[PDB]
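One letter per chain, A onward, in the order of the sequence lines. Here chain A follows the PDB entry, giving residues 414-527, 641-642, 653-795 in order. Quick note: numbers on chain B are straight from the PDB entry, i.e. 414-527, 641-642, 653-795, in order. Read the numbers this way: they start at 1 and go in the same order the structure lists the ligands and their atoms.
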There are 2 protein chains.
Amino acid sequence: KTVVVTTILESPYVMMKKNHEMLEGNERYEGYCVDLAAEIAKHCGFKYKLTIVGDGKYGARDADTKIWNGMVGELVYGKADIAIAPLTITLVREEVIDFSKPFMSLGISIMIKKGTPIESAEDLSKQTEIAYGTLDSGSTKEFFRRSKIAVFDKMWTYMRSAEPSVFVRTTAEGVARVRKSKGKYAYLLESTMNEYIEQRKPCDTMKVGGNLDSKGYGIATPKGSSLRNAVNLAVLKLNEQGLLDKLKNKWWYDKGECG
Amino acid sequence: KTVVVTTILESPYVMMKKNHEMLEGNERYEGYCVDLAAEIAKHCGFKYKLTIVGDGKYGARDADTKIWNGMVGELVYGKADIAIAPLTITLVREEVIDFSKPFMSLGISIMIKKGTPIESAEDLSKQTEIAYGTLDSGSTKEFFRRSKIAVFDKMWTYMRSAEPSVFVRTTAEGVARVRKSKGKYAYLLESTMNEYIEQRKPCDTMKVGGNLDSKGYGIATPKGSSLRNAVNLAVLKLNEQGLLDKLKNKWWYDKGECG
Ligand SMILES: O=c1[nH]c2cc(C(F)(F)F)c(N3CCOCC3)cc2n(CP(=O)(O)O)c1=O
Ligand SMILES: O=c1[nH]c2cc(C(F)(F)F)c(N3CCOCC3)cc2n(CP(=O)(O)O)c1=O
Ligand SMILES: CC(C)(C)c1ccc(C2=CC=CN3CCS(=O)(=O)N=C23)cc1
Ligand SMILES: [Zn+2]
Ligand SMILES: [Zn+2]
Ligand SMILES: [Zn+2]
Ligand SMILES: [Zn+2]
Ligand SMILES: [Zn+2]
């Protein structure tokens, strides 16, 4: 039967094509995870329907209702058969679904406006001219809250107390604050998105320094899924064939706007 | 029985309190519609639980499955008893749920970066230096697509074909696009949100021109609800008591940042 694929509208993983209103089904979409889904489906021998997650979320368990939201919720409640998306591999998610081996690495990184005299996390931690922050309710904030590393502890102590708030509700808001004329703000976010935005007009931001942690994105299936093993082996095959590296280069660089 | 209220996290209608993690139940939330819900419940004599709509949407019928999403779907399918939110009164919605009389007026409006030489839709339509657009899916786009008014037809013809795309996925994206544009992008959106953002730091956007249409937000109940009549009379009583105007002033202006 037709496999229901849950995914999320996040660039460049899944984007609406030019002329999407004239198109139907899977042809409406393009991007890294659209290309990845087509290859996974070929290698595993299934036909599929791409669906955009109903709530636009990745997946977390509400502490009060005990209900999972996002793509993880769609898998655990039987709304979708597989999630093919930049879904971070985490312990609480692996307790309720199965992840493939990762298809992409990422880590916390620093975004500056070009010109800002900052090249690293240590640089941020040792000055006060440039403000810095992150999403108000996510994994980057939690990384800093829990860290026992001196540099990151110093950064957290600053961020938690800073006035006005250095936290933002969205990346659109965070990047707008980086870009504001004489804004003197740096934004902490996933390296993959920082690198992506660095390749988009107006070409005024950059990723600086090394990543602060190491994580991976994986494909997720529900417990006991007949697809688990084949999907896992397919991710490894695509890596060994060089296809994952080719797709990253395609969507970040070949289609990049900053030279 | 405890009435289940569906609502949506949209500022300043319903927002998480700063200290929401320390709070429980209805006390976690604040905003115009939180104040409205408390007064409607008092007038109608019910106890209630505020819930945030699972999919984060207002309500539309999928053209293929024919299934309603959002708060409208929660009412239609029996998941909530009442929706107390900035839910626009429309024909297709009124066919499937009942709306109260409106509690607030709105219409499509133009957001500019301060200093942009635009005072009206006609001004936008007669030039090309300043790009303009709206949400990629929604009622504003549909208004333009369907209009027979010469100015609005001219605007639609431009927007539908503009490259790069003038459409955005979210208002956070639209507002950020206005803010970095040096005035070369204007964003079309509901007047109530445009007015709200004009009162938020960094105080660099303005609402300009008259509204392009006239609509209202209403409280919605499923067909056959025993609450319909009382909710409707309550909305009228609150208006006659001055409370609706008092709440709009409280949440838009008393709590504004640009005065
Ligand atoms: O599984 C997850 N995958 C995620 C993938 C991405 C992206 F980079 F776009 F791929 C992001 N971006 C963060 C930067 O702004 C744009 C959204 C967030 C993700 N989150 C929430 P977080 O871990 O709180 O950041 C997850 O949970
Ligand atoms: O019932 C509806 N009520 C809505 C109320 C609001 C708000 F202004 F926040 F109150 C908005 N905003 C549009 C501007 O960006 C933020 C969200 C959208 C609404 N939509 C979707 P639309 O009609 O496609 O715009 C509805 O359907
Ligand atoms: C008193 C308040 C609450 C300010 C109000 C809000 C909206 C309207 C309204 C005007 C014209 C057309 N329509 C379309 C049907 S509507 O959405 O029910 N309302 C209107 C009138 C008064
Ligand atoms: Zn067709
Ligand atoms: Zn909850
Ligand atoms: Zn919070
Ligand atoms: Zn009253
Ligand atoms: Zn589009």
### Message
Help me out, what's the drug found at ligand 2?
### Response
ZK200775
### Task
Name the main binding partner of ZK200775 (ligand 2) here according to the PDB entry.
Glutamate receptor 2
### ZK200775 (ligand 2): other chains within a non-hydrogen distance below 4.0 Å
B
### Which residue and heavy atom of the protein sit nearest atom 7 (C) of ZK200775 (ligand 2), plus the separation
B:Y753 OH, 3.6 Å
### Task
Could you check atom 13 (C) of ZK200775 (ligand 2) against the protein and tell me its nearest heavy-atom contact, residue, atom and distance included?
B:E726 OE1, 3.1 Å
### Query
If you measure every N/O of B:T501 against every N/O of ZK200775 (ligand 2), is any gap under 3.5 Å?
yes
#### Entry: Protein residue, atom and distance nearest to atom 9 (F) of ZK200775 (ligand 2), heavy-atom basis
B:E423 CG, 3.2 Å
### Message
So if I count the atoms of ZK200775 (ligand 2) from 1 in the order they appear, which ones are less than 4.0 Å from some heavy atom of B:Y426?
### Response
10 (F)
### Query
Counting from 1, what ZK200775 (ligand 2) atoms have a heavy atom of B:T728 closer than 4.0 Å?
8 (F)
### Query
At the 4.0 Å heavy-atom cut-off, does B:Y732 count as touching ZK200775 (ligand 2)?
no
### Query
Taking non-hydrogen atoms only, is B:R506 closer than 4.0 angstrom to ZK200775 (ligand 2) via side chain, backbone, both or neither?
side chain
### Query
B:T707 heavy atoms, cut-off 4.0 Å: which ZK200775 (ligand 2) atoms fall inside?
14 (C), 15 (O), 16 (C)
#### Entry: Enumerated ZK200775 (ligand 2) atoms positioned under 4.0 Å from heavy atoms of B:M729
8 (F), 9 (F), 16 (C)
### Query
For atom 20 (N) of ZK200775 (ligand 2), what is the nearest protein heavy atom, given as residue, atom name and distance?
B:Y471 CD1, 3.5 Å
### Message
Just want to see if ZK200775 (ligand 2) lands near the annotated pocket: which residues UniProt lists as binding L-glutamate in chain B have a heavy atom under 4.0 Å from it?
### Response
B:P499, B:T501, B:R506, B:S675, B:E726
### Task
Provide the organism that the deposit lists for chain B.
Homo sapiens
### Query
Quick one: which ZK200775 (ligand 2) atoms are inside 4.0 Å of a heavy atom on B:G674?
24 (O)
#### Entry: Geometric N/O contact B:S675 with ZK200775 (ligand 2), under 3.5 angstrom
yes
### Query
Hey, which atoms in ZK200775 (ligand 2) end up nearer than 4.0 Å to a heavy atom of B:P499?
1 (O), 2 (C), 3 (N), 4 (C), 5 (C), 10 (F)
#### Entry: ZK200775 (ligand 2) contact by B:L500, heavy-atom criterion under 4.0 angstrom
yes
### Message
Any idea which residues from other chains are within 4.0 Å of ZK200775 (ligand 2), non-hydrogen atoms only?
### Response
B:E423, B:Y426, B:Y471, B:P499, B:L500, B:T501, B:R506, B:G674, B:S675, B:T707, B:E726, B:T728, B:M729, B:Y753
